[PDB]
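Shown here: darunavir bound to Wild-type HIV-1 protease dimer.
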Protein chains: 2
Amino acid sequence: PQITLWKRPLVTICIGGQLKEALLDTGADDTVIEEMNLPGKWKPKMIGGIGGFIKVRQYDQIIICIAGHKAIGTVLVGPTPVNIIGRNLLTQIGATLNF
Amino acid sequence: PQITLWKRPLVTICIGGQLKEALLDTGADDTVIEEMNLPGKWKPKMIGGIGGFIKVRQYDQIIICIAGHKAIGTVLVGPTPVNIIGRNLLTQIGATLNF
Ligand SMILES: CC(C)CN(C[C@@H](O)[C@H](Cc1ccccc1)NC(=O)O[C@H]1CO[C@H]2OCC[C@H]21)S(=O)(=O)c1ccc(N)cc1
């Protein structure tokens, strides 16, 4: 599809068996999902942006369905205000920015 | 151009007549540039990102060239970790997400 940028580019995702709304975010290196009780091993991490840093749990090889497209990779879970699909998964669903 | 996302979508911008590097950021509503001298009037504003809220200087109707494309719009100047070109200006240069 083509997504214009008049509005936030939110799409439906499925992660850990739950549907969420998430931003397709070219400005994010990594995918950051709001606090959820995801199973399995993880590694502590801190990630920084406007305002400072949040503490997240880094999970590897997590399956996510993004707007009907499958992806698998690192997901950071923590107290983000919005669910963020970052470049690590955007590449996997074939996303480009065009102008 | 068409821009893939295996690397950060960094471009050269011209702002205040000065060249800077900035990140094309579909997850940003607004364009936020690091502290710099920029001509004319501004208003104090607060914006929030992943790590909380910061104070910025809001400049309206700023002439900015983004990878050679002309925009004129709002630029927030403040302590952002990274120069970010947000949707307010991505829409001006006709940027869409595609997959
Ligand atoms: C600042 C960027 C270099 C990085 N950010 C992604 C960015 O798209 C966030 C993504 C974002 C979106 C909403 C809320 C928090 C974070 N947007 C953002 O800060 O935008 C601000 C400027 O416009 C406003 O509109 C949205 C918030 C304001 S980030 O969220 O901080 C971030 C940092 C590290 C990772 N792995 C993932 C994301």
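For reference, chains are lettered A, B, ... following the sequence lines as listed. Chain A is numbered as in the PDB entry, which gives 1-99 for the residues shown. In chain B, numbers come from the PDB entry; the residues present are 1-99, in order. First listed ligand is number 1; within each ligand, the first listed atom is number 1.
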From which other chains does some heavy atom lie less than 4.0 Å from darunavir (ligand 1)? A, B
Could you list the atoms of darunavir (ligand 1) found under 4.0 angstrom from a heavy atom of A:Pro81? 14 (C), 15 (C)
With heavy-atom distances below 4.0 Å as the criterion, list the atoms of darunavir (ligand 1) near B:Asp25. 2 (C), 7 (C), 8 (O)
Indicate yes or no: does an N/O atom of A:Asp29 lie under 3.5 Å from an N/O atom of darunavir (ligand 1)? no
Give the residue, atom name and distance (to 0.1 Å) of the protein heavy atom nearest atom 38 (C) of darunavir (ligand 1). A:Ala28 CB, 3.6 Å
Element-labelled atoms of darunavir (ligand 1) that are located less than 4.0 Å from some non-hydrogen atom of A:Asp30: 36 (N), 37 (C)
Considering only non-hydrogen protein atoms, determine which one is nearest to atom 27 (C) of darunavir (ligand 1) and report residue, atom name and distance to 0.1 Å. B:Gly48 O, 3.2 Å
What protein heavy atom sits nearest atom 18 (C) of darunavir (ligand 1), and how far off is it? B:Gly27 O, 4.1 Å
Heavy atom of the protein closest to atom 19 (O) of darunavir (ligand 1) (residue, atom name, distance): A:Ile50 CD1, 3.8 Å
Which residue and heavy atom of the protein sit nearest atom 14 (C) of darunavir (ligand 1), plus the separation: A:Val82 CG2, 3.6 Å
